[PDB]
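This file shows Retinoic acid receptor RXR-alpha complexed with 9-cis-retinoic acid.
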Amino acid sequence: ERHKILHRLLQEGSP
Amino acid sequence: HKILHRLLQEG
Amino acid sequence: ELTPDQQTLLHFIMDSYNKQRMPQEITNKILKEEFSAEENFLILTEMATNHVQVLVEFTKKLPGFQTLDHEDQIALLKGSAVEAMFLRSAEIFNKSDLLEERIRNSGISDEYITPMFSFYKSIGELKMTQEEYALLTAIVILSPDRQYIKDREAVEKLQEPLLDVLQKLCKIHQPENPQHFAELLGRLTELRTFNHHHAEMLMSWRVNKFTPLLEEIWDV
Amino acid sequence: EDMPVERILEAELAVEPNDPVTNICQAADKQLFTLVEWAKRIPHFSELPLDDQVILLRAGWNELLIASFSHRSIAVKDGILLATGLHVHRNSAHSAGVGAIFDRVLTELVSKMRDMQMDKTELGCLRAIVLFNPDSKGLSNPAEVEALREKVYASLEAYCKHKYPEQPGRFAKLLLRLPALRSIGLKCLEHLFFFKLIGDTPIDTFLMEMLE
Ligand SMILES: O=C(O)c1ccc2nc(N3C[C@H]4CCC[C@@H](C3)[C@@H]4OCc3c(-c4c(Cl)cccc4Cl)noc3C3CC3)sc2c1
Ligand SMILES: CC1=C(/C=C/C(C)=C\C=C/C(C)=C/C(=O)O)C(C)(C)CCC1
């Protein structure tokens, strides 16, 4: 979508 | 910048 | 002096902040590689892409960040990134002579160069300690005033705790200049001009496209 | 202080008063004149070299004016009170093509000033901090300007501890309006150059001068 990589990176979590 | 210079003078 | 909770909030933050690490492989290409505009650009872009990843990781570990609306988390990251990158790059130049020259000779319009480097002077002269950097970078990230944020008041709740801590910690580390705290907030003001002019620096940058992550976080 | 807080108050008190964008530009020019008068009543500003005085105001005018109208608008709802007497309201602003920015002034400046009930002594001090901008380009002595700002920083922190001791994070709440104000001010200049360039709005002499 519009923020493809940022979505994916914000949906990963702790270390 | 004429207007401003003219207004800032008071002494 | 700090409270019990304020001291734990700092160690949390400081542990996320000391986990900021650039790879050896990326810093390896600071003297090794040749010294051209097109080659200098490529390195910065690689570092800046890695920096956003690291910064994104740091941002997630901040108190209460994942409780924010998902789409707001993206509004804070895009709104704050540049300003956070300027703070971290100032910490580099006040602790370097090759990186500064790479930036200078990488096809940026000259208009942007001197203002950029006098900003780093202005910061260095505050003589900030590790903890003051890490708190200023978090306060920049959690700024409620950014564009496209729906739940503003939620972002203000997370930031405020950190302003108490930095005020006290500025009077601990620098009691000789009792306006040192307020001077940090003076750079929060000044970071906003760099943010505002960053889109046009990117679109005037001289090249032969950045990287998808940078294209996302600053727009195309 | 050597920035006496009463002198800053006196200076704010000394200067109290179809298409919304024409009306706003007309108020701006009107008030640009009285901004010069305001500046000369801030302690030590006239003592600076004339070239620096010019620079500080050429750098500050837009942020100085916006803060002043913003604080004046505290009492109006979803709108702005121009120094000419006229209201401008959200609807009028949106429908004249400048709504996004107008909304930012309201939420980040006007309503934030209301919610914390900032007084004229506080506004004056914020406005003086803006005036004494040591980062302004071309300044003959940035250190003497950073020094004047540090004095206002001291006088304001003093005032906030005396008057509002029950809220120890007030000094910082005050100063965190200034990055918002800088961002809003830059967006307004960006609007104003574009207006000048396409010529859709009459622009009076003093504003025209500031815009060059
Ligand atoms: O942890 C470390 O050891 C470390 C060491 C070096 C280092 N350099 C860093 N940089 C250098 C560079 C300057 C500061 C911010 C960026 C990250 C990187 O930005 C490059 C940049 C900038 C920029 C510059 Cl050139 C100066 C200041 C801020 C920015 Cl965003 N704008 O665009 C670009 C790329 C073309 C897309 S982070 C870092 C960490
Ligand atoms: C904010 C306003 C902008 C104008 C701004 C500025 C910078 C000034 C000033 C003045 C007034 C109107 C002062 C007063 O009444 O005291 C413009 C039109 C670009 C866009 C719409 C919102």
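Residue numbering restarts at 1 for every chain, and letters A, B, ... go by the order of the sequence lines. Counting starts at 1 for both ligands and their atoms, following the listed order.
For 9-cis-retinoic acid, every matching ligand or chain, copies included, can be listed as ligand 2.
Going by heavy atoms, the other chains that come closer than 4.0 Å to 9-cis-retinoic acid are D. Heavy atoms within 4.0 Å of 9-cis-retinoic acid belong to D/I24, D/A27, D/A28, D/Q31, D/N62, D/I66, D/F69, D/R72, D/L82, D/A83, D/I101, D/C188, D/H191, D/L192.
The structure places no covalent bond from 9-cis-retinoic acid onto a chain.
By UniProt annotation, the domain of chain D with most residues touching 9-cis-retinoic acid is NR LBD. UniProt's all-trans-retinoate-binding annotation for chain D and the heavy-atom shell under 4.0 Å around 9-cis-retinoic acid share D/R72, D/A83. Per UniProt's 9-cis-retinoate-binding annotation of chain D, a non-hydrogen atom lies under 4.0 Å from 9-cis-retinoic acid in D/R72, D/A83.
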